[PDB]
Amino acid sequence: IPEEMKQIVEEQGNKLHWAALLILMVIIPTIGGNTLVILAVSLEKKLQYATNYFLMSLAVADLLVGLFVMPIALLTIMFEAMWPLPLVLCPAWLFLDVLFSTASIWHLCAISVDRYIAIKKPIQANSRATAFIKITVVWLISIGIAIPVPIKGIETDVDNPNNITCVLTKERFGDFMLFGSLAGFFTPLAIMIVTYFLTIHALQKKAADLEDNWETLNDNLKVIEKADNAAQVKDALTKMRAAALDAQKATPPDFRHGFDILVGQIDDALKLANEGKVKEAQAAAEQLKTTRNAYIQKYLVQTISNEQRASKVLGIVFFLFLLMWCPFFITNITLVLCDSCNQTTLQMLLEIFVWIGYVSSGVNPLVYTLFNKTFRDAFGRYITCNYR
Ligand SMILES: CC(C)CCC[C@@H](C)[C@H]1CC[C@H]2[C@@H]3CC=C4C[C@@H](O)CC[C@]4(C)[C@H]3CC[C@]12C
Ligand SMILES: CC[C@@H](CO)NC(=O)[C@@H]1C=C2c3cccc4c3c(cn4C)C[C@H]2N(C)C1
């Protein structure tokens, strides 16, 4: 039917405006936004340490996406029918695509776990070797999920060697489009949900112990004040010392120093109590209050509010990262799991959602680092080409 053949002639139209849109809105902000973070970690000597190395690994992964994956994925937009590049590049590009796309997700998952354990066990920290182990393991996972695509390969015809037409066929790669999405997306998703609620419980548990310490400390002061006996000053001071140390152990090693001072005073106080002079010791315990006010009280709200806000913004940005991948993977999963649905339009939907996921992974590290003043005014000097 010529009235339909002409319609397919219109279907294979010109789609340069969409390609220009993707260059302007996604690829350029990806390469630039990631090179900014890499420059920030590389140049700023004050930014160099354990966590930023992992963050830089993530930025490298996303930069590699925006450098090798997306420009070829464009050529597929324009040259819709047949794969233009050589035959080897179809498994090469697909492998790189899955590899990096998985690497970003698992990077975020590992960062979530780290940010949680840092709240749980703050005193147990995080060398360079730890970060190296983490980078290696994450990239090993990404390779392990990505390797079936180059191992299996794209079907070829002895008749038509040229017409490869790169696509993950449902018939050929069905199990991979299922279990690869399960191992690559939904598993770290569930992990991050678990660590989310665990982080809520961890923060709410840390906040209570600080209050108990506070009025543990405050109560015993009242005990020292009304102490007619000598022994109790030793007991009250001992328990105040324990409470002070316990409260100080909630933060990695400046109101925190006020605990050291406090303990010191307490020691001297229970020296007088050990000498017998209770009336002279209670007089110094009556001025433990100055240290208790100038440092401890301001320390309590600072820790809580800081960890609260940081975990909050981290949760939000990570949630918005994972939200923009959902269409791709729910479409990819159902595409396997539906013999009733139309496969053609279901493939077009993937061909659109890939760019939502692409822009989600591309701008993620920059967005995450922009909530840090040091990174911000490093970027400001970089976009003004000032450097150092
Ligand atoms: C050809 C299409 C894909 C667009 C071209 C992309 C490249 C060449 C462009 C797009 C955005 C550009 C980057 C934008 C931001 C910076 C920060 C600056 O401190 C160094 C240059 C650098 C890193 C630019 C280098 C060139 C750049 C990466
Ligand atoms: C729409 C054009 C088609 C052509 O077949 N391209 C794809 O389907 C690519 C395949 C992907 C994939 C498949 C299976 C598991 C996966 C992934 C990814 C990560 N994980 C864990 C990345 C995702 N890529 C971005 C797109």
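Throughout, residue positions are numbered sequentially from 1 according to the sequence presented. Basis for what follows: all heavy atoms, side chains included, without hydrogens, waters or symmetry-related copies. When the header is checked for method, it gives X-ray crystallography, 3.1 Å. First listed ligand is number 1; within each ligand, the first listed atom is number 1.
- In this structure, the main binding partner of ligand 2, as named in the PDB entry, is 5HT2B receptor, BRIL chimera.
- Of torasemide, methysergide, bumetanide, the drug at ligand 2 is methysergide.
- Per UniProt's numbering from the N terminus, the transmembrane segments of chain A showing a non-hydrogen atom under 4.0 Å from methysergide (ligand 2) are 3, 5, 6, 7.
- Both criteria (UniProt ergotamine-binding in chain A; heavy atom under 4.0 Å from methysergide (ligand 2)) are met by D97, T102, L168.
- Binding site of methysergide (ligand 2) at 4.0 Å, heavy atoms: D97, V98, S101, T102, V167, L168, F176, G180, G184, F328, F329, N332, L350, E351, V354, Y358.
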